[PDB]
Each structure stands twice: as C-alpha cells, then as structure tokens.
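As structure tokens, the structure follows; a few thoughts come after it.
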Amino acid sequence: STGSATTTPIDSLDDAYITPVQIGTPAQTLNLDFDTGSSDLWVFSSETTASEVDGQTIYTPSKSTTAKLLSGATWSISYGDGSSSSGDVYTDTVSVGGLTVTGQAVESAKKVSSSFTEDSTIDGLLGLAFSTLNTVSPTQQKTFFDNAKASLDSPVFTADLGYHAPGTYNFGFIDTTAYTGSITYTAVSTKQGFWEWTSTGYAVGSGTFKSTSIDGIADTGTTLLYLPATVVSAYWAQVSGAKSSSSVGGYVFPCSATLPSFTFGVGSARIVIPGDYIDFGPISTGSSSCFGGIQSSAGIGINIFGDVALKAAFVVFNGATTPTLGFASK
Ligand SMILES: CSC[C@H](NC(=O)[C@H](Cc1ccccc1)NC(=O)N1CCOCC1)C(=O)N[C@@H](CC1CCCCC1)[C@@H](O)C(=O)OC(C)C
C-alpha cells in the first residue's frame, strides 16, 4: 500500500509544516506536525484541560467506534525547545493520505504547555524517529511508520518540503518526478534513537568545500539549521552587516543583503541551500534587520539539519532493517 499527503507551512516564515491526519471512525481530521526528531503521535483531545485549549481541533475518543483505551498506559514528553505535554493512551485507526493503520497508539493529552495552547495551527504531533524514543510506559508503542511497514510497497517515506509553498510526504514509494539527478544514500546511526548521520563537509557561496565530519540529525520538526559554532561563524563572515545579537539570540543581518548559498556534503554529493532560504525574515514586522536561518548548535549539544536544509532537498527516510538517509537536489 502507499499514501501521499500535502504538507503546508503554518505561517509566512515556514516555522513548521502541518499535514492532515484522519483519526478514528468516522474520521476526525486533525492537522499534525510530522516530527522526525521524536516518536509519539499525540493530539489535543476532549481529555485536555479546558483552559489550555483554543484554536485547536481536538480528538474525541468517545465518538470514535474503533477507539480502545490502553489500560494503564500513560505518557510524558518534553521537546528541545522546552515544551511538553502528558496524558493517557488509546489505540484507534489512523490514516495519512489514504494509507490506513489499525491499532495505532494515539496519545491523548490531559495537559499541554503554554507554547502549544498559543499555537492555533498545530493540533498535535506525529512522531517518525525510531520507536525506542517513544514515551508511553510501561510498554512503549510503535510509530505510525513502524506499524505501516508490513503493508507498505517499500519501507520508506519521503519528505519534499516547500519554500514558502506546500510540499508532500509520501509513504511507501519514491516519486522520481519530484527531484533531479540521482539520490545519494548515507548510513544512519540509531544509537540515540534519531535519523542520525554524518555530513562529509561544507562550503560557503562560491568558495572551497572543506572535508570535515559533521554528525547531526535530520529533523523535520526543527525550523533552523543548527551547526558547529566555527562552521556558522565562517558563513556569516561572508555577510557584511551580519553580527551575533545576544538580545535576539542569534546572528542577525540587514534584510536588504543578498546572502550566499550554503553547500553541505552527503557522501560524494553536495546539496546547495539557496541564500534566500537562509533569510529567515524580519525580526519584527517592518524591521530592517532579519534573523538568519543558520545558527550555532553549541547550546543545543547536537547538530540539527532542520527545515532550512531539508526544504532545499528531496529526502528519503529508508526504514529497512538497516536504515539509511537519501538526499537528492530538486
Ligand atoms: C533546538 S530543537 C527545537 C525545536 N523547536 C523548533 O525548532 C520550533 C518549531 C516550532 C515551529 C512553529 C511553532 C512552534 C514550534 N521553532 C523554533 O524554536 N524557532 C525558534 C527560532 O526561530 C525559528 C523558529 C524542537 O524542539 N521540536 C520538537 C517537535 C514538536 C514540538 C511541539 C510543536 C510541534 C513540533 C522536536 O523536533 C524535537 O525536540 O527535536 C529534538 C530532538 C532536538
């Protein structure tokens, strides 16, 4: 079987992408943030404390004929930007883009932190890292992708994220119209539960490619590109009004500037980020300064190839028993 769904940016700065997911019978449609940096599918629901809900669309398990309570199972997660939620657990039918899994664990939030209530566009998360990071206890639950692997035509999914535009997640086949050239695959380590890989090096603008190993994660649920301090400082040295701003929390530059492209290595292949994709946008509406899309990972403690990078490429998460990651230009 296969599925394909449209993923849309939630705002004009592509802060995050949402995708329609049908949960329940009859189907309740919620727009979920597909996150390769965690492994919990959880939703706002009729369980969630009332003053912590607004904007969002909730799932109501009592109106789904196929929902079962998973007795005794509770979950609690927190993310890299400090947000968090917890609750209990049902199984129920979940479909993406025509592709249906029965028995999937749908985590019901009893409580959500303040950034989730304030974000009206995102109704939940669908996690697509490896199932060892799942948070349900006592027994951890498999992700949507792990549960669909049995019925998929191949055990892959692809992310094709658009630059101020919609894009596509596909499951189970590779759309050879959606990219150019050939895809290059590189090994993934699953040690930490992420789609973790090693970049072979980087270039700035039309300058030289430096071969140096950058271990990092491919994470659809992080906005920016976060790389080692000395790499990000070589980037912004080429932008004459860029400086590191403590107040703002990163490198800022005048919005009028034309930025250089950034190239990162995959194997022998090279992926080039256009400079326009690194201009994240004005620091406030009508400002002359804009925030940069490449920033340091030093306080994070891991390198993140977030949406700034993955949207310049067509990327294949290859979920075979030995996983790999594929990138092609587009
Ligand atoms: C340095 S890692 C930080 C990362 N968060 C992000 O990257 C959020 C994403 C967001 C977008 C729109 C609205 C709300 C949140 N953006 C963000 O912090 N930005 C700050 C700087 O300007 C760009 C936007 C991350 O924590 N996200 C979670 C996924 C989940 C969180 C809740 C909302 C739905 C997405 C996950 O990807 C994660 O923890 O990765 C870990 C492994 C580092």
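Along the sequence shown, residues carry numbers from 1. Start at 1 and go down the list; that is how both ligands and their atoms are numbered.
- The compound at ligand 1 is the drug or drug candidate CP-80794.
- The chain sharing the greatest contact count with CP-80794 (ligand 1) is, according to UniProt, Endothiapepsin.
- Taking only non-hydrogen atoms, the option from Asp11, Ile300, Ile217 nearest to atom 1 (C) of CP-80794 (ligand 1) is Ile300.
- Among protein heavy atoms, atom 5 (N) of CP-80794 (ligand 1) sits closest to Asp81 OD2, 3.0 Å.
- The distance from CP-80794 (ligand 1) to the heavy atoms of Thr222 drops below 4.0 Å at these ligand atoms: 2 (S), 4 (C), 7 (O), 25 (C), 37 (O).
- Atom 30 (C) of CP-80794 (ligand 1) has its closest protein heavy atom at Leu125 CD2, 3.1 Å.
- For CP-80794 (ligand 1), the polar-atom distance check finds no N/O of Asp119 at less than 3.5 Å from any of the ligand's N/O atoms.
- In this structure, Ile10 has a heavy atom closer than 4.0 Å to CP-80794 (ligand 1).
- The shortest contact between atom 36 (C) of CP-80794 (ligand 1) and any protein heavy atom is with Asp35 OD2, 3.1 Å.
- At the shortest separation from atom 26 (O) of CP-80794 (ligand 1) among protein heavy atoms lies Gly80 N, 3.0 Å.
- Grouped by UniProt domain, residues of chain A touching CP-80794 (ligand 1) are mostly found in Peptidase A1.
- Only side-chain heavy atoms of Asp219 come within less than 4.0 Å of CP-80794 (ligand 1); its backbone N, CA, C and O stay farther off.
- The UniProt active-site residue of chain A having the smallest heavy-atom distance to CP-80794 (ligand 1), to 1 Å, is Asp35, 3 Å.
- Here the heavy atom of the protein found nearest to atom 35 (C) of CP-80794 (ligand 1) is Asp33 OD2, 3.3 Å.
- In terms of protein heavy atoms, atom 16 (N) of CP-80794 (ligand 1) is closest to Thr223 OG1, 3.0 Å.
- The 4.0 Å heavy-atom shell around CP-80794 (ligand 1) contains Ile10, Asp15, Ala16, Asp33, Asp35, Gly37, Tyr79, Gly80, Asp81, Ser83, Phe116, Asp119, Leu125, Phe194, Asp219, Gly221, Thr222, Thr223, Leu224, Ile300, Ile304.
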Would you mind writing out a table of all protein N or O atoms found under 3.5 Å from any N or O atom of CP-80794 (ligand 1), naming both atoms and giving the distance to 0.1 Å?
residue	atom	partner	partner atom	Å
CP-80794 (ligand 1)	5 (N)	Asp81	OD2	3.0
CP-80794 (ligand 1)	7 (O)	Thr223	N	3.0
CP-80794 (ligand 1)	16 (N)	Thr223	OG1	3.0
CP-80794 (ligand 1)	26 (O)	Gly80	N	3.0
CP-80794 (ligand 1)	26 (O)	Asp81	N	3.2
CP-80794 (ligand 1)	27 (N)	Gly221	O	3.4
CP-80794 (ligand 1)	37 (O)	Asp35	OD1	2.6
CP-80794 (ligand 1)	37 (O)	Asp35	OD2	3.3
CP-80794 (ligand 1)	37 (O)	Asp219	OD1	3.3
CP-80794 (ligand 1)	37 (O)	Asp219	OD2	3.1
CP-80794 (ligand 1)	39 (O)	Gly80	N	3.0
CP-80794 (ligand 1)	40 (O)	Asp219	OD2	3.0

